[PDB]
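Bound state: Peroxisome proliferator-activated receptor delta + pemafibrate.
Numbering, chain A: per the PDB entry, residues 173-204, 208-228, 234-441 in sequence. Remember, it's 1-based here, ligands and their atoms both numbered in the order they're listed. Just so it is clear, the values below take in all heavy atoms, side chains as well, and ignore hydrogens, waters and symmetry mates.
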Amino acid sequence: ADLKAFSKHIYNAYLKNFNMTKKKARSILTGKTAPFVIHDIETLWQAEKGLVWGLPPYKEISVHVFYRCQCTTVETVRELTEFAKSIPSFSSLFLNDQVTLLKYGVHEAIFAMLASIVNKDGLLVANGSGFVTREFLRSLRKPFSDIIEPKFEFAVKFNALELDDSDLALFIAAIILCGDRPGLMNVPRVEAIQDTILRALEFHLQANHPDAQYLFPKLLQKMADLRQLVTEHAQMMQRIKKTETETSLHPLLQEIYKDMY
Ligand SMILES: CC[C@@H](Oc1cccc(CN(CCCOc2ccc(OC)cc2)c2nc3ccccc3o2)c1)C(=O)O
Ligand SMILES: CCCCCCCCO[C@@H]1O[C@H](CO)[C@@H](O)[C@H](O)[C@H]1O
């Protein structure tokens, strides 16, 4: 009862704050308008010249994709921040504790939600109006071609669990409310909120996925998988900042990756 309403509150905060939902994504990816496919240089250009679509000064094809990728991340961080403010008691934390949770949590949540817009062949872009192929991303020059590929591997496995948006709302909330983030001041308070979230998640999963047996423990493992995925992503990003000294890294991403792990 308490948990059912708590889950509903989180769900509505999710629907309120995220422009792209899995319901919308799967509808686009299954055909019910069709996205413009971006599979090489020429189609990427066509996607820029109206159709589908501010950025740093143009450098090259691979850096351009890198820049558009960052812009989308920054926008999703804005959404996750507003979503977190609706998680009961998150706003009661001191401001720097809120930032600490978002700093170490947003990319874990981003990569979880990324699975919603992905299939084995590519992912939606531009609010679902475009589709960039996995192959085209593989064809970019290193190191940029190695950024997104490992996320496809996680996403395909994650999509096998067949979560819906109501499940994901609680899942993302549990990711953000994480008591072991470095520098967190009020660990007991954050652990207490997370426990409420996780209890609501188990209650919600058995009501929404009755025939799903080990779904809750599987999602706990997914949370651990996302932390290592992000650790390896932070390494790549920290490397690229050192290697690609002429490519711009958005200030928000610089701050997120600042001595992270
Ligand atoms: C770069 C540094 C960046 O790493 C990454 C690595 C992998 C994935 C992301 C986040 N992401 C980008 C998808 C593709 O992004 C494009 C965009 C345009 C394009 O070609 C024109 C090709 C790829 C995303 N979208 C979402 C939509 C809904 C929900 C969650 C979403 O998560 C960031 C970081 O560290 O933040
Ligand atoms: C309060 C606003 C936060 C941004 C402050 C400075 C923004 C500097 O410029 C940023 O560089 C990024 C590099 O990819 C671009 O992608 C961004 O679109 C651009 O705004």
Place of pemafibrate in the structure, all copies: ligand 1
What residues contact pemafibrate (ligand 1) if the heavy-atom distance limit is 4.0 Å? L219, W228, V245, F246, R248, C249, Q250, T252, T253, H287, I290, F291, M293, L294, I297, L303, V305, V312, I327, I328, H413, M417, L433, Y437
What's the shortest distance from atom 21 (C) of pemafibrate (ligand 1) to any protein heavy atom, and which residue and atom give it? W228 CH2, 3.3 Å
To the nearest 0.1 Å, how far is atom 22 (C) of pemafibrate (ligand 1) from its closest protein heavy atom, and which atom is that? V245 CG1, 3.4 Å
Chain A: main UniProt domain in contact with pemafibrate (ligand 1): NR LBD
Geometry only, no angles: is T252 polar-contacting pemafibrate (ligand 1) at N/O separations under 3.5 Å? no
Distance from atom 15 (O) of pemafibrate (ligand 1) to nearest protein heavy atom, with residue and atom: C249 SG, 3.7 Å
Closest approach of any protein heavy atom to atom 24 (C) of pemafibrate (ligand 1), naming residue and atom: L294 CD1, 3.9 Å
Counting non-hydrogen protein atoms only, what is the nearest one to atom 27 (C) of pemafibrate (ligand 1)? Give residue, atom name and distance. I297 CD1, 3.2 Å
Per-atom contacts of pemafibrate (ligand 1) with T253, taking only distances under 4.0 Å to non-hydrogen atoms: 3 (C), 9 (C), 10 (C), 33 (C), 34 (C), 36 (O)
In this entry, what organism is named for chain A? Homo sapiens
Can you tell me which residue and heavy atom of the protein come closest to atom 13 (C) of pemafibrate (ligand 1), and the distance to 0.1 Å? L303 CD2, 3.7 Å
Which residue holds the protein heavy atom closest to atom 2 (C) of pemafibrate (ligand 1), what is that atom called, and what is the gap in Å? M417 CE, 3.4 Å
Any N/O of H287 closer than 3.5 Å to an N/O of pemafibrate (ligand 1)? yes
Is it the case that pemafibrate (ligand 1) has an N or O less than 3.5 angstrom from some N or O of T256? no
Name the closest protein heavy atom to atom 23 (C) of pemafibrate (ligand 1), giving the residue it belongs to and the distance to 0.1 Å. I328 CD1, 3.9 Å
